[PDB]
There are 2 protein chains.
Amino acid sequence: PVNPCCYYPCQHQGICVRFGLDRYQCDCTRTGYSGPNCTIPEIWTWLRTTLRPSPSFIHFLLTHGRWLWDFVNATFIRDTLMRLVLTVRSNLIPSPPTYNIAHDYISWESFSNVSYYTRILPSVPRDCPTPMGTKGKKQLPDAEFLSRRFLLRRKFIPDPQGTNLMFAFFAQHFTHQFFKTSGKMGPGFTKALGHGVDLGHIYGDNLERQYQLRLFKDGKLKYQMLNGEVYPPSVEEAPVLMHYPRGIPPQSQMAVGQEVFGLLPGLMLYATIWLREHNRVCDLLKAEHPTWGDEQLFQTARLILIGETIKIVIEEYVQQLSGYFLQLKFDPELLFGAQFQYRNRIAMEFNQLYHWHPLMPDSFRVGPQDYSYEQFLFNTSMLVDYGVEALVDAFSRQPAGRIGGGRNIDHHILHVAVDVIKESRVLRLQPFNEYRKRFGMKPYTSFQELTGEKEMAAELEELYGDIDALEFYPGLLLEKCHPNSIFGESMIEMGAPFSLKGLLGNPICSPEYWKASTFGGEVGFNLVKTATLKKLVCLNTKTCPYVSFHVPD
Amino acid sequence: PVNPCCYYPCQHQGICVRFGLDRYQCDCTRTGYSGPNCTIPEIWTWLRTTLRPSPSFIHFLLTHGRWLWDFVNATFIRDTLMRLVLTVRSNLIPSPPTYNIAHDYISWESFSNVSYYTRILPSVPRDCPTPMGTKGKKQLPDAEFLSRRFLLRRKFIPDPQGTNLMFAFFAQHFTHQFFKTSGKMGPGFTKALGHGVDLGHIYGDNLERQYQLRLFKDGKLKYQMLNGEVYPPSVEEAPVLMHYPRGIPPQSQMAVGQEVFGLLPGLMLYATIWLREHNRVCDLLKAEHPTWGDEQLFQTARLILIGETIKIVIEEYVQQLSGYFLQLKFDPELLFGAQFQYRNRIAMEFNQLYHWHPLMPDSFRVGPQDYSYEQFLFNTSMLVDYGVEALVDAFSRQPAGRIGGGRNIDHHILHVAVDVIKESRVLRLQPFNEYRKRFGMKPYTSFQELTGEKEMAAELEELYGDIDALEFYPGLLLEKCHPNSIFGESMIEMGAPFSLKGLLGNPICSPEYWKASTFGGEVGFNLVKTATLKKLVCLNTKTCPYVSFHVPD
Ligand SMILES: *[C@@H]1O[C@H](CO)[C@@H](O[C@H]2O[C@H](CO)[C@@H](O[C@@H]3O[C@H](CO[C@H]4O[C@H](CO[C@H]5O[C@H](CO)[C@@H](O)[C@H](O)[C@@H]5O)[C@@H](O)[C@H](O)[C@@H]4O)[C@@H](O)[C@H](O)[C@@H]3O)[C@H](O)[C@H]2NC(C)=O)[C@H](O)[C@H]1NC(C)=O
Ligand SMILES: *[C@@H]1O[C@H](CO)[C@@H](O[C@@H]2O[C@H](CO)[C@@H](O[C@@H]3O[C@H](CO[C@@H]4O[C@H](CO)[C@@H](O)[C@H](O)[C@@H]4O)[C@@H](O)[C@H](O)[C@@H]3O)[C@H](O)[C@H]2NC(C)=O)[C@H](O)[C@H]1NC(C)=O
Ligand SMILES: *[C@@H]1O[C@H](CO)[C@@H](O[C@@H]2O[C@H](CO)[C@@H](O[C@@H]3O[C@H](CO[C@@H]4O[C@H](CO)[C@@H](O)[C@H](O)[C@@H]4O)[C@@H](O)[C@H](O)[C@@H]3O)[C@H](O)[C@H]2NC(C)=O)[C@H](O)[C@H]1NC(C)=O
Ligand SMILES: *[C@@H]1O[C@H](CO)[C@@H](O[C@H]2O[C@H](CO)[C@@H](O[C@@H]3O[C@H](CO[C@@H]4O[C@H](CO)[C@@H](O)[C@H](O)[C@@H]4O)[C@@H](O)[C@H](O)[C@@H]3O)[C@H](O)[C@H]2NC(C)=O)[C@H](O)[C@H]1NC(C)=O
Ligand code: HEM
Ligand code: HEM
Ligand SMILES: *[C@@H]1O[C@H](CO)[C@@H](O[C@H]2O[C@H](CO)[C@@H](O)[C@H](O)[C@H]2NC(C)=O)[C@H](O)[C@H]1NC(C)=O
Ligand SMILES: CCCCCCCCO[C@@H]1O[C@H](CO)[C@@H](O)[C@H](O)[C@H]1O
Ligand SMILES: CCCCCCCCO[C@@H]1O[C@H](CO)[C@@H](O)[C@H](O)[C@H]1O
Ligand SMILES: CCCCCCCCO[C@@H]1O[C@H](CO)[C@@H](O)[C@H](O)[C@H]1O
Ligand SMILES: CCCCCCCCO[C@@H]1O[C@H](CO)[C@@H](O)[C@H](O)[C@H]1O
Ligand SMILES: O=C(O)Cc1ccccc1Nc1c(Cl)cccc1Cl
Ligand SMILES: O=C(O)Cc1ccccc1Nc1c(Cl)cccc1Cl
């Protein structure tokens, strides 16, 4: 019989619905296109497409000509373009969410059950001739061999954008609040039910964990004093599930919102920094409202820290990553005259996309010392030994690896990428070319056009058989890179829409929540508006070291 | 020190926030007002208030002049006005939701924890001089004595709008999918985590329950055959928790989505019809899609039945109790050019408001038979004995009681109204007049202005002391009802914003969901678009009885 939806016949966000025994129909509703396969353009769509500049042209404009951008940033155009960046990107993501691992169709279970990761494109049907649809071979390339030949680091390729480990660990810390895949429920299921910037990696994904982390006085979190410095509490003081190597003494075990943070000094670094910020905010709130109870001081402080995150993420984190000459601005009031949905659901493709393990180097240089992976991983002493000040300085000076290009994942953590590709076939993600079309890009006609070179393309031509069979995750990390950039063109075009919908879709960005009273007055509101990475560290430390998302020079 | 927020100083949705020892500050952001109390209006605010007609004047316009409304309904002005009713009403509701029983302030916990009912106006602070704020007596009037003197039915007062029991049972059935107060967690908590029209009273509030009702063949729900007619299955066949009187084994019980439905035949009547509807819809969808599995057939039928519910509710259910000459219309497309959040959280005020126990008659009539409360309540054979047709005919012919005016609750179920007022004091709901202001109405200056008479006004003035001490629920029922109507001025103005935000805020009404493909093509899309109370009943029965929300002339 053969399922007609395996060919992906519907174009431009049309929906393949199986009718009768062998036929199909495309629902081209509000797609801007008509006809059986949604290809005949409406008057406005045809006009827009011929007048639309290429995605690369827009990226070129945003990365060149300082004289124009010095002017733009000092004018109203900054706010006009930022609004355009917000609206155009985030509208590519369905809201309310559509599909999940169980349903390749809209249902109430896909809407209400927040334990699911959502998906933009439906899974490849289980009745297709090839696991990627119709094109390609019956068996996809070996996940170990594909990572070994194309992803394994032979030499450290530094990021030309000057990105450091301070960014890398921020990226990991920030993302692991909404990427919490369930080990028992399996792939496609999440434990971070907040689905965005909830800070559940500081406070906990569940209520009882939070209560266990809370000192229940002045709204503050629990903490311990080691060498005159404030650190996260021990397991004895806060009895919560923490993933530590079995046998390790409880005095060496620290307790934070996310279970996996104790395994890396870079992760527990930010956990300390943010904990110091929470209690600091409580002190400012208490001086402003001495009549407030413990519960209000905590909840008000959480929203301030949620606002501080989004501020730093957009104006510094994205600023370093995108390399835009356009000065980015966190201002929810930009969307106040627009049709925007203040909700978010984490997609599995955003999970796959955010596996930036190439960022990690060969070693971890802290001052005169150079620490290996076996010296750095699962180390429960390093954070206390050096302190926040010394480590933040050390991570801001060490270069990070280039994400795109290829052959840049250190062999110690390569197994992750292997499992990511394995998870992609379990989830049955559509080919890379299908996602290219979903995010408004032209699909690649050959492997030579993808990598931009002759060598690595020829081997991939033999393995996959066809370009329309190329997988999602390998495509993003093997795509040609414009010199000076951190990754390929697709990463920006696929990632930004998710990322902005997660940031600005946070309820605090809504007209209902974006008020002074929400953050306990003007003091709390200004802390959100003026927050910086530098102010996140140095205000919570004795001295102020070099702190940035980029290395010196 | 005296709490300043006990005076409710901040007007027009301004937020009272405690500062220092004895000081307060109003957050007048986006209220349309400025200053210390949000009392001085902006240029556009002053313009709106002076040109705005009174609530009772627009209600007058909608309920008078047949000839003008015949013209309007046949033109685009029908759609123009419906869009206005949709937008202006539902915007009075905070979205995303703000407060709950735990927090009288915006928090992440209030946003994320869906086990809470939300609220529109914050509670009366615990450290206020009087239980209702600053007004009235130290001890609030007795709950049982208030119900016996002002709410207890002497002579039966029927609805002047000719509303029947078919409406009354629909009301109780329809509401108990989003009104499910958790007796274990307490007042202000809810098991109905859908917070809207999810049909959890048919399928279940949780997944494990839903799976027990489902056949897992053809997307259908389980059913038993009695007298050659389709009925809900036994609890012996579908093992789900149902609240039946002790001594009644699962062999006689019937298994449906909502636990309390076995207590009333009228509730079980509507459980049957929708179950017959679900399986009838499954049959239609199976013919269009013979390659669909069980899971897709079930989920798609649910979306259709949700679509059918909101359709009938707006164009007939709301049409009956509103008494508008304007032909109401369910078209989600009306909101596609508007700022509208497709989400809903059930408020405690909507819960309190929807206690329409006055609708219930002195005795239930089924043709020549007249069954009392003892015979009707907990009856297990009445539905099977008579059938669907006979009971639909009976409930459609018998008039329901007038909700407003007072003194129209039968002595059998008066204890509910006692528990509503008692729950209101635990929830610490603000005074009636404070809620009047919040839904754009002038507060009553006296009890005589509220009632319309003299006797009950003077006795309430003795019990409460002040009009600003009057409670939410008693105020709604003892209010004066305009020209021949179900209830008073406030019931529309307070309940309509809650309802329309609940109905149109359903995700199926969003541009993403409101497609033909979501309902499995045009056949499923038309069943929503052409849904009727009559078509819900007569298409699922052998013969077609009298079916309406009003009695025959
Ligand atoms: C949405 O929100 C509601 C309401 O908040 C919530 O309902 C429940 O919430 C919690 C449980 O999740 C219940 O909490 C109650 O309060 C006491 C607190 O007293 C003490 O608790 C600690 C003692 O217990 C612990 O002891 C040791 C450590 O001390 C520990 O090792 C044990 O494992 C044990 O847990 C103590 O540390 C602390 O200092 C306090 O003195 C709890 O003990 C107990 O759990 C109580 O039941 C609420 O009562 C629940 N219901 C209500 C109505 O409030 C929902 O869970 C939430 N929903 C979601 C989906 O998140
Ligand atoms: C977790 O991380 C902590 C980081 O604090 C580790 O603790 C530290 O471990 C080092 C050993 O590596 C301790 O000794 C230090 O190391 C030097 C090594 O010699 C140096 O090597 C270079 C290049 O080979 C040579 O040019 C020079 O000889 C140079 O000195 C040693 O000489 C010194 O004694 C120096 O202190 C260090 O003391 C210790 N830190 C603290 C605060 O005690 C820890 O090992 C690690 N844990 C695990 C389980 O891996
Ligand atoms: C659950 O509901 C069922 C209905 O399905 C109840 O069973 C029914 O009970 C009624 C009495 O309440 C039975 O009526 C019988 O028929 C006549 C009725 O009298 C007639 O009507 C009026 C008023 O009564 C009189 O003025 C007329 O003159 C006329 O006679 C009577 O003669 C019989 O004695 C008897 O009452 C009905 O038949 C019966 N149905 C079935 C199928 O058994 C059931 O009681 C109820 N459960 C509980 C606990 O009450
Ligand atoms: C969000 O959705 C998740 C996935 O649907 C839910 O995860 C869990 O719920 C599933 C369904 O309850 C679990 O599936 C299991 O199904 C087997 C099959 O047994 C069958 O059901 C009956 C068993 O009593 C039998 O009568 C029948 O004949 C048949 O054999 C059953 O054995 C298990 O008991 C269980 O129900 C599943 O284990 C689980 N996880 C996953 C990954 O599927 C979430 O509950 C849901 N979340 C929310 C908040 O609703
Ligand atoms: C040396 C440090 C690192 C180690 C040891 C490491 C290893 C791991 C491990 C063990 C997992 C969980 C198992 C799995 O999904 O394969 C994981 C997942 C993941 N990693 Fe890393 N990685 C590192 C660096 C990073 C960084 C810097 C980022 C951020 C750019 C990152 C992004 C992710 C993401 C998004 C997941 C999936 C999380 C989930 O779905 O639950 N990793 N990695
Ligand atoms: C004679 C028929 C009815 C009976 C026997 C009945 C019974 C009850 C009972 C026992 C409660 C719980 C009271 C408590 O303990 O707090 C309740 C609450 C309630 N009633 Fe009724 N009722 C009837 C009719 C109606 C009708 C017609 C409506 C109109 C919609 C209605 C609306 C409600 C609502 C919304 C609740 C609160 C639900 C919740 O949050 O749990 N009732 N009723
Ligand atoms: C409709 O879209 C389909 C995409 O599959 C196009 O291809 C179909 O029609 C062709 C011409 O009749 C056939 O050669 C193909 O076999 C057939 N595809 C499949 C999978 O069977 C088709 O061109 C489109 N129709 C129009 C009018 O453009
Ligand atoms: C479709 C009409 C819009 C005008 C598009 C002009 C073509 C853009 O051409 C662009 O030129 C840049 C350098 O100038 C390159 O960096 C880009 O790769 C290339 O796409
Ligand atoms: C001159 C700079 C203008 C920047 C404003 C445009 C930002 C919108 O970004 C656009 O988003 C679309 C959806 O993701 C993509 O299809 C486009 O390629 C991308 O440029
Ligand atoms: C100076 C401009 C004011 C004219 C706009 C008046 C709109 C208010 O509408 C008024 O509502 C009253 C009910 O309170 C009715 O009595 C009036 O007839 C009606 O015009
Ligand atoms: C001082 C001005 C504030 C009073 C506001 C009262 C306006 C009249 O009341 C209005 O009735 C309409 C009935 O269709 C609804 O659309 C509106 O939601 C309702 O506010
Ligand atoms: O957006 C983020 O938070 C990180 C991220 C990851 C992948 C792709 C884009 C982005 N951000 C981002 C955004 Cl939100 C806009 C423009 C350019 C970029 Cl790189
Ligand atoms: O829609 C409902 O649930 C019925 C309901 C209950 C309370 C208050 C209003 C309404 N309906 C209603 C609506 Cl939603 C709009 C205009 C007029 C009326 Cl009577």
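The sequence lines are lettered as chains in the order written, beginning with A. The residue numbers of chain A are those assigned by the PDB entry, with the residues present covering 32-584 sequentially. Just so it is clear, chain B uses the PDB entry numbers, and the residues here are 32-584, in order. First listed ligand is number 1; within each ligand, the first listed atom is number 1.
From diazepam, diclofenac, ribavirin, melatonin, sulthiame, the name that belongs at ligand 13 is diclofenac.
Taking the chain with most contacts, the partner of diclofenac (ligand 13) here is, per UniProt, Prostaglandin G/H synthase 1. Lab note - other chains with heavy atoms under 4.0 Å from diclofenac (ligand 13): B.
Residues contacting diclofenac (ligand 13) within 4.0 Å (heavy-atom distance) are B/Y348, B/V349, B/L352, B/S353, B/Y355, B/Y385, B/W387, B/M522, B/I523, B/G526, B/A527, B/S530, B/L531. Of the protein's non-hydrogen atoms, the one nearest atom 15 (C) of diclofenac (ligand 13) is B/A527 CB, 3.6 Å. Taking any N or O of B/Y385, backbone or side chain, at least one lies under 3.5 Å from an N or O belonging to diclofenac (ligand 13). Distance from atom 12 (C) of diclofenac (ligand 13) to its nearest protein heavy atom, with residue and atom name: B/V349 CG1, 3.4 Å.
UniProt numbering, N terminus first: transmembrane segments of chain B with heavy atoms less than 4.0 Å from diclofenac (ligand 13) are absent.
Counting the atoms of diclofenac (ligand 13) from 1 in the order shown, those under 4.0 Å from a heavy atom of B/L352 are 4 (C), 5 (C), 19 (Cl). For diclofenac (ligand 13) and B/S353, the ligand atoms under 4.0 Å from any heavy atom of the residue are 17 (C), 18 (C), 19 (Cl).
Atoms of diclofenac (ligand 13) lying under 4.0 Å from any heavy atom of B/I523, numbered from 1 in the order shown and given with element: 17 (C), 19 (Cl).
Close approach of diclofenac (ligand 13) to B/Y348 is summarised as follows: ligand atoms under 4.0 Å from at least one heavy atom of the residue are 2 (C), 3 (O), 4 (C). Scanning the protein heavy atoms around atom 17 (C) of diclofenac (ligand 13), the nearest turns out to be B/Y355 OH, 3.5 Å. Backbone and side-chain nitrogen or oxygen atoms of B/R120 are examined, and none is located within less than 3.5 angstrom of a nitrogen or oxygen of diclofenac (ligand 13). Every atom of diclofenac (ligand 13) is numbered from 1 in the order shown, and the set under 4.0 Å from a heavy atom of B/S530 is 1 (O), 2 (C), 3 (O), 14 (Cl). Using a 4.0 Å cut-off to heavy atoms of B/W387, the atoms of diclofenac (ligand 13) that qualify are 6 (C), 7 (C). Those atoms of diclofenac (ligand 13) that come under 4.0 Å of a heavy atom in B/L531, given as number and element, are 14 (Cl). Using UniProt's active-site annotation for chain B, the residue nearest to diclofenac (ligand 13) and its heavy-atom distance to 1 Å are B/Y385, 3 Å.
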